[PDB]
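Bound state: Phosphatidylinositol 4,5-bisphosphate 3-kinase catalytic subunit gamma isoform + copanlisib.
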Amino acid sequence: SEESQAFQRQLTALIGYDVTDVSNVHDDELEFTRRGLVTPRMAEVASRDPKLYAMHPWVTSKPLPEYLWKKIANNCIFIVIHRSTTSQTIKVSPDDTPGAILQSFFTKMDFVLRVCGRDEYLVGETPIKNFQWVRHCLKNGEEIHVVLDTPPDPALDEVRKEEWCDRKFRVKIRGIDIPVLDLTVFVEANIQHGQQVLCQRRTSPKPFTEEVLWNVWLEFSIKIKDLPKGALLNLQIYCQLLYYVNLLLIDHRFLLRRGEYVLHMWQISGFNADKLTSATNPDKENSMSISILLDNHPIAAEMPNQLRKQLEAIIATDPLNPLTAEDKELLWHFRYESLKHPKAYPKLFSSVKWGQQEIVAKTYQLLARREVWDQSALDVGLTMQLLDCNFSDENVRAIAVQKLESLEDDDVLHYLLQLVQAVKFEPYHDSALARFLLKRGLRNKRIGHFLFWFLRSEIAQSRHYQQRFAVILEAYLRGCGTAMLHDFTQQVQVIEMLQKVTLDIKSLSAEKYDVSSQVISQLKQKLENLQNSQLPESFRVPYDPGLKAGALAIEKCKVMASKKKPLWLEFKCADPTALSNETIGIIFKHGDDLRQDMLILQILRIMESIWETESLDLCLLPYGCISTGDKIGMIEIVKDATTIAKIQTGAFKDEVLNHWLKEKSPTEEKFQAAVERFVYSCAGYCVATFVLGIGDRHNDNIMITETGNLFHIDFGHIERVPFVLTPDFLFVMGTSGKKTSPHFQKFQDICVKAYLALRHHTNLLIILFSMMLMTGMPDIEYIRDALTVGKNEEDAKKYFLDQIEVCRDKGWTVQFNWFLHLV
Ligand SMILES: COc1c(OCCCN2CCOCC2)ccc2c1N=C(NC(=O)c1cnc(N)nc1)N1CCN=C21
């Protein structure tokens, strides 16, 4: 088809990468995958309920926390329906349906209830208490506003028609070269399974010249028949490590990899997921390469008491605790006793000799008897553990994915970023994991939307994985539907337009922080310019797809007075039934790796949900934030928010935050409401902060809302202090120096509960952390020590309370020091 090519060109624009391109490839794993993924797309496409697919209700099954019950303790809920001019209020039970609500409305005196100002719908057989919008309003003291109108046509979701032996192992190393570069140098070759080195050989070292030829067969200890699926041949270059590259020994059709390869290699920055990729370096003209030859096809009682004790001990340990040789032989010998314990599984499967066919066969036999796994309650931290870089067996990874099926869409969103990054640890482009993302994204539009940007964030920035992630995007976009394709297109254009301006603004003053409004005159011109004949009438807010944004409030846009020169932008909201005028605020910023900011924010969200599970609410404020490309993207602007900094030559007054709060609080009520929140918000930011290692912060980077909510910003690259709890904060808590106050006693009390609530999920956190570093940064011990592993709840409460007081001793000391250390 001719028009099927316009489609493929529309898909390339949206992706920012071309998936038909075979210039940087050496087999067909990508194309085979493009093709393999059709089945699962089509099936979930052919499977999803058109109506609910259009209206994408954002629903949960989790109970309501006691803290939103106390916000409505009379079995009643007020919803307000809107005609066009007129409205009418309604009184409702938290267990009503939107089905049932309407009825009482019509029967008071076909159509559907939609949130005011937002694309967001109250529909489906769910009790109104279980809608997130609703729960957002209750937490926010806000009243629900809704608008009775037509269902969105499910034709708007239409999907285009698609069309489509015992010989030891060896490798010859012919040589290396690079146009430009002198120590000595050798090639180390590694047979790798899940970070585990199975066998290793080196070359002789020879002098580093632009072309280096060895002509040497490298014989390893392993038999061909014993190489396992997912084995990487890992080629490295030392002198010590300068370059690396990887190749799959067994391919996506289970064929032993044969032949001549010339492989363009990656270089080291001056251990993380980039070191694992089977992608070759695209920059063919400047990169180091290496020439290789492969010519190696069929592939395919009781327990004593003290031992069980030792055994269970090992299972009790944390992820990061390494296993002895004895521990592994122990796990593997009573592997059937081990299988009974699903927490054991990671330890057990990293206690397998992946280097032996008979064992591996045994391990498959053992995964057949899986019934205890399959019946266990879904433990996500356990499940994630089996998808990190320590696992590279398809069958082990697949039982982890299986566990994920039972997640509802609401949980998926909590884990989506980190599940998207765990695609970096799969050995083959077509994983169970990828198909799970595909499927879930297609099943639900909210998932699909974030799925898009998560993939595009990396596709647009990582040469190590763009090709893989692109194949997967294409596969999503090819099932998401015309209305969302349209949308994604509006959104991409806008983003593209707005980076041009961000970058161009920057190079008009390198660091003369005084933003002369001569610099601000041009911003205005480029925006109006963009307006009249370029910039789409309206577009979805990427970090909050409920909102559709309209036209730039050009007067309210500025450039911020930073080291970089990020854009402060305010838009009009495109929805007419919006119940307010407040502009939608966005910061576009070149200069920070916002991928890392996404990751920290996302954990932050996980922690709330944790805390939710024990009826705590720390009023974290994890703002929207998306990496769009290389060191560039968007950040959500919180309304009525200011820097602790600005509330103050390194001089720091104590009272001024409380004064600031009282001068923004009209009633005395609202001021106490504000001090309450500040304690909660603060307590939460301090705990989370501590756990992750990002509490030593300058005042620039901590803000507070007019309404008392404190929040940290900008997770750039992170004497000392465990968190920021300065005198200004203490002042507000009505205490100073050595004495105490009820507000401080409360804050201490709240920190404690917050901390060990988190410690009830020590493994989950430890994983997400370790994954974050491997896939988000360019060591982990910190966190385990900060979570105080293996301690009774008292030891811990004591620890964290000592921490509180470290900041008390210090006080301004550190804050001061940033200034001092400027000069
Ligand atoms: C300090 O700049 C911010 C705000 O400042 C208000 C000051 C702007 N005025 C007000 C009206 O006229 C223009 C001048 C108000 C709100 C925010 C914010 N920064 C930020 N964040 C950052 O600046 C930031 C920068 N880099 C990175 N990586 N992350 C966040 N956020 C996050 C969401 N809320 C805000």
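Position 1 is the first residue of the sequence; numbering continues from there. Going by what the header records, the deposited coordinates were determined by X-ray crystallography, 2.7 Å. All heavy atoms count here, side chains included; hydrogens, waters and symmetry mates do not. Atoms within a ligand are numbered from 1 in the order they appear, just like the ligands themselves.
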Exercise for review: Identify the binding-site residues of copanlisib using a heavy-atom cut-off of 4.0 Å.
Suggested key: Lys558, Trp568, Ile587, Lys589, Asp592, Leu594, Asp597, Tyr623, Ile635, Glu636, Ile637, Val638, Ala641, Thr643, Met703, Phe711, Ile713, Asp714
Practice item. Write down the UniProt domain of chain A that holds the majority of residues in contact with copanlisib. Key: PI3K/PI4K catalytic
